[PDB]
Peer 1: 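Shown below is the structure under consideration.
We count residues from 1, following the sequence as given. Order of appearance sets the numbers: ligands from 1, and atoms from 1 within every ligand.
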Amino acid sequence: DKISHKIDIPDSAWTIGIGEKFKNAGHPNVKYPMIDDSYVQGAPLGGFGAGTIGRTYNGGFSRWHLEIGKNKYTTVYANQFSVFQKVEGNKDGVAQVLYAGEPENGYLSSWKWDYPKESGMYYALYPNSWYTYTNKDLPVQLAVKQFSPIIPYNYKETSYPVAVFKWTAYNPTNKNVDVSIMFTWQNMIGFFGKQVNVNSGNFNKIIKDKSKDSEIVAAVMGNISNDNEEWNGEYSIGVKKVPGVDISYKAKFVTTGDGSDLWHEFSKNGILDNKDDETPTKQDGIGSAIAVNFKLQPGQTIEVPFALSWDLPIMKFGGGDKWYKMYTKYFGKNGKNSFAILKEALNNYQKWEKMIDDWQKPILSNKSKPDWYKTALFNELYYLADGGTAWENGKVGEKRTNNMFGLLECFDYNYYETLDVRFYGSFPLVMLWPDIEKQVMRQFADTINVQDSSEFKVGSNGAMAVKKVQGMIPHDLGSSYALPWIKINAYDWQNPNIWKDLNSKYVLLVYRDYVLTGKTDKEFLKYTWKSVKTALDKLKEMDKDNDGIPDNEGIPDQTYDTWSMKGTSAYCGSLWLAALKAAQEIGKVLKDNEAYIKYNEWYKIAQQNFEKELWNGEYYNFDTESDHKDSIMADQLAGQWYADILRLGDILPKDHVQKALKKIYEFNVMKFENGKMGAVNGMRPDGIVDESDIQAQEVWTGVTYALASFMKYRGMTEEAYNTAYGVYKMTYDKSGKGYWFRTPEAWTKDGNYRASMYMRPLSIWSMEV
Ligand SMILES: OC[C@H]1NC[C@H](O)[C@@H](O)[C@@H]1O
Ligand SMILES: [Ca+2]
């Protein structure tokens, strides 16, 4: 490996061998079918709301999130990089697809598949990833850096449906070597969204953009139809000429044949026929190819950029609504702009790389932080792009000031912006894209007084309940299978209109977003104030026994939606205390004296009773009335965690908080599989896991990172990082369960999981407040 030093991969990149088998992989631990796409994953490509494409560590374009809100794992075999090399003085060269696998059927049988093991590495530090190719039969070593311009405080390039592939090639040998790199791509119009005739009308064209000191050559893969539908648009691949390289192309090869129409050309001398052909297809799948060819002398290096774009301007949800995607603001809505997007990337990728370096540098250059922590911090962000992210620029056939946004809870539980989860998972948005975060919160503010008296069947017990009650914050802003932003509360396992955490979490999120954006946005506080007061006043009505605290009803009436709470719980009770303190402060800022006094009075009463009811001398009891009310809950002081972040001071005595956190570390972490797997949710005082519900026996990745944050800002530094390390280990390490780029909600002690690709572990960014 002499290519590593010609490129700059950070030491904190996650790494794996190309073609590496992983033996320890976890699987779902639930009864009903659950997504399990295997451990063959990678960092995704694509901006926010663009649809993303997961290219795996084996090189395949395999995890397709282009249909917004859906996860489709299938390798499109035509989509590849391939290499040809010939040593000067030899009769024949060698050609190889850079994919550690082969097709399942006979399509593309002529291509050279099965890139060998032990011949290259994959590296990832989101939004960047890299492949190195160090193969004994390829004298010239290659590497590629691939990325999309995901940039904090940037709402433009961050939205783009584009990826850059910056290749580096180096000849360490003493002979001249002829080298070609070829990008192939299937015309994927009709891959989703088209009910019949899926390839019909697909056609490919070549664009040659020649200016001074510039040549880009690109294939545009589209359809003859000008229909404005979800399935229609264009894909483009292309390359920018650099000194010392020639470009060749093939506009049309058949993907549903043996591939030899293309491969016979490439495998001979690495040079394609330059045959244009715009003839549309009927049944056959078609693709395009763009190649570069160059000669490397001994010791010579060359860099060449390729790119990929996709202009699919319309997203459609299962309820019928069609929206334009955010990037259309910048490139247009007609679905004929893939070349413009590609050209922007090819002409500006060097600036984008520097912008990414500029935002990663503060963390990467802090040598007090271990590299494993940096691996997790950056790579967990894959979810902001990969979480079915929807970001609208208008409803089809209708202009407003804002662009509504939503991130899925996950794909198995297909709900946008689940609020009890975003309480944990929204940290990267407030920290790094605060204009999105505030937009999401204003969306919630607007729903507070919505009433929908239609009824749904509650899944957990079969009872009928009202869909949306006035004054109760919704669980979610809909499902991609139905109508995101329009039909809220798609969740039906429990009735969220009686949850005891949603209204308080809402208030806490509002105040968080003011505090973490500099305490300057009074306008955001003004927009949300009525909803905040309404939320607290409605939750106060759920105090059945006049202790000043909402009562859990002996059912799962909060985020732990199979774990029953009864009476005053540490979790919902501490959230309530913190939300009251936050509202007091907002009242002061907005000069609403009567709100300040009222919430101050509720706070003093609730605080005294919480302490009396739950403090046991060592920690806060789980609750006041449950069968295992003395269980040690990992999240028992969630309200105090948030109060620390919001700078609201002590809601509970410092001594008791410290005692409680030390107990959690000593028990829920250290007596759970040696502290190597995170904090288990519930532990009995005798040091064995609480078995009253599956959720008590689970480690929640997002809860655990949040607890690590809580510990860190309370000065328990070793405990904080040791607690977080188990999550990192299980997710990324060789000794883990193979969850890289699909961090789940939960695992049990056997390491098996529930709900891969989950929003909650984005809470790791609360460790960087
Ligand atoms: O895993 C628990 C999780 N299930 C799915 C629900 O949408 C969410 O509110 C809850 O926290
Ligand atoms: Ca009460």
Peer 1: Can you identify the drug or drug candidate present at ligand 1?
Peer 2: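 That's 1-deoxynojirimycin.
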Peer 1: Would you mind finding the main macromolecule in contact with 1-deoxynojirimycin and telling me what it's called in the PDB entry?
Peer 2: beta-glucosidase
Peer 1: Mark up the atoms of 1-deoxynojirimycin that fall under 4.0 Å of a heavy atom belonging to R754, in ascending order.
Peer 2: 1 (O)
Peer 1: What source species is given for chain A in the PDB entry?
Peer 2: Thermoanaerobacterium xylanolyticum LX-11
Peer 1: Take every heavy atom of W499, measure it against each atom of 1-deoxynojirimycin, and state whether any distance is under 4.0 Å.
Peer 2: yes
Peer 1: For atom 7 (O) of 1-deoxynojirimycin, what's the nearest protein heavy atom and its distance?
Peer 2: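 Ranked first by proximity to atom 7 (O) of 1-deoxynojirimycin is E409 OE1, 2.6 Å.
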Peer 1: At under 4.0 Å between heavy atoms, which part of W563 makes contact with 1-deoxynojirimycin: side chain, backbone, both or neither?
Peer 2: neither
Peer 1: Considering only heavy atoms of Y491, which atoms of 1-deoxynojirimycin have at least one such atom less than 4.0 Å away?
Peer 2: 6 (C), 7 (O)
Peer 1: Please state which part of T559 comes within less than 4.0 Å of 1-deoxynojirimycin, counting heavy atoms only: side chain, backbone, both or neither.
Peer 2: both
Peer 1: For atom 3 (C) of 1-deoxynojirimycin, tell me which residue out of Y758, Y424, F423, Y415 has the closest non-hydrogen atom.
Peer 2: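 Considering heavy atoms of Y758, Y424, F423, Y415, the nearest to atom 3 (C) of 1-deoxynojirimycin sits in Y758.
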Peer 1: Quick one: what's in the binding site of 1-deoxynojirimycin at 4.0 Å, using heavy-atom distances?
Peer 2: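 Within 4.0 Å (heavy atoms), the residues are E409, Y413, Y415, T418, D420, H475, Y491, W499, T559, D561, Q695, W700, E745, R754, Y758, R760.
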